[PDB]
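Below: one structure, written as structure tokens.
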Amino acid sequence: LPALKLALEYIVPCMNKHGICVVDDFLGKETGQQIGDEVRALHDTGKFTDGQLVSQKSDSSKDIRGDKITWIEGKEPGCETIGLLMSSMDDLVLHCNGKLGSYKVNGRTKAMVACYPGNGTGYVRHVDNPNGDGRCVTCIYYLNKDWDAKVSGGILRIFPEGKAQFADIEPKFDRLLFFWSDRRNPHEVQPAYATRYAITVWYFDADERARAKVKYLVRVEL
Ligand SMILES: O=C(O)CNC(=O)c1nc(Cl)c2ccccc2c1O
Ligand SMILES: [Cl-]
Ligand SMILES: [Mn+2]
């Protein structure tokens, strides 16, 4: 439960061996429920987008939209338990530093809160960072109480590079997930038939991010 102990005795060895690490009961029921309440309040007050355009119909009232998102800094009114989550994620990662491969983590994104609305949409197979944009670790926290994928779908399926197999991860309440963001971990979200919430942060590697600046391209006027 102390972040350093979880980091050294579980996350570091699990990440270095498998590139994927699942931590259940990360924050406990009380805090997890508070975060759920904050995310549902965001949803109920219209703070999410309308959802990824999945099917563009000739009649636009027929369009199908999928995952909805909102970006959260962690200090907004009504988001402070999400901020607490983000701090706890940061504490874990920082207590791994120097031991997650050869990466040196020096920053992260804001939190991306995602809501799959339960209409049979998921997320196609993809790699989070396929082109060297600086992101080395993906961290996802799940909020869905009593989630059963045989009933509601929504499994996260990862295809770790170099295996004739995949890893199915249920989006279970108070579950934290780490995985390498690059091509080692292509993954997909299978169709969700119930409202499915998750909060993602990506962590940056100092070297990769520093040279991403070059490739991706700040101008000083003359
Ligand atoms: O939610 C999950 O278990 C896994 N989700 C994703 O891998 C995922 N990845 C990306 Cl890059 C996006 C990107 C935008 C919106 C939602 C995403 C998402 O749910
Ligand atoms: Cl093992
Ligand atoms: Mn992804």
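Here, residue 1 is the first one in the sequence, and each next residue gets the next number. Header says: X-ray crystallography, 1.8 Å. Order of listing sets the numbers, starting from 1, for every ligand and every atom in it.
- From the options 8-chloroadenosine, R-warfarin, FG-2216, the one located at ligand 1 is FG-2216.
- Structurally, the main neighbour of FG-2216 is the chain that UniProt identifies as Egl nine homolog 1.
- In chain A, the residues that UniProt lists as binding Fe cation and that have a heavy atom under 4.0 Å from FG-2216 are these: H126, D128, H187.
- The proximity of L177 to FG-2216, defined as any non-hydrogen pair under 4.0 Å, does not occur for either the backbone or the side chain.
- The PDB records the biological source of chain A as Homo sapiens.
- Of the candidates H126, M112, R135, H126 brings a heavy atom nearest to atom 6 (C) of FG-2216.
- Proximity to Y142 (heavy-atom distance under 4.0 Å) selects the following atoms of FG-2216: 2 (C), 3 (O).
- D67 OD2, 3.5 Å is the protein heavy atom nearest to atom 16 (C) of FG-2216.
- Distances shorter than 4.0 angstrom do not occur between any heavy atom of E188 and any atom of FG-2216.
- Of the other ligands and ions shown, those with an atom under 4.0 Å from FG-2216 are ligand 3 (manganese (II) ion).
- Every atom of FG-2216 is numbered from 1 in the order shown, and the set under 4.0 Å from a heavy atom of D128 is 9 (N), 11 (Cl).
- Applying the 4.0 Å criterion to heavy atoms of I69 picks out, from FG-2216, the atoms 15 (C).
- Scanning the protein for heavy atoms near atom 18 (C) of FG-2216, the closest one is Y116 OH, 3.5 Å.
- Among protein heavy atoms, the minimum distance from atom 13 (C) of FG-2216 is reached at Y123 OH, 3.5 Å.
- Of all the heavy atoms of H187, the ones lying under 4.0 Å from any atom of FG-2216 belong exclusively to the side chain.
- Not a single heavy atom of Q52 sits less than 4.0 Å from an atom of FG-2216.
- The UniProt annotation of 2-oxoglutarate binding in chain A and a heavy-atom cut-off of 4.0 Å around FG-2216 together pick out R196.
- Nearest to atom 1 (O) of FG-2216 among the protein's heavy atoms is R196 NH1, 2.9 Å.
- Across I169, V124, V189, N185, heavy-atom proximity to atom 4 (C) of FG-2216 is greatest for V189.
- UniProt domain boundaries put most chain A contacts with FG-2216 inside Fe2OG dioxygenase.
- For FG-2216, the heavy-atom contacts closer than 4.0 Å come from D67, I69, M112, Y116, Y123, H126, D128, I140, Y142, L156, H187, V189, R196.
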Could you pull out the N/O contacts under 3.5 angstrom between FG-2216 and the surrounding protein atoms?
from	atom 1	to	atom 2	distance (Å)
FG-2216	1 (O)	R196	NH1	2.9
FG-2216	3 (O)	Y142	OH	2.7
FG-2216	3 (O)	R196	NH2	2.8
FG-2216	7 (O)	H126	NE2	3.4
FG-2216	7 (O)	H187	NE2	2.9
FG-2216	9 (N)	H126	NE2	3.2
FG-2216	19 (O)	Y116	OH	2.5

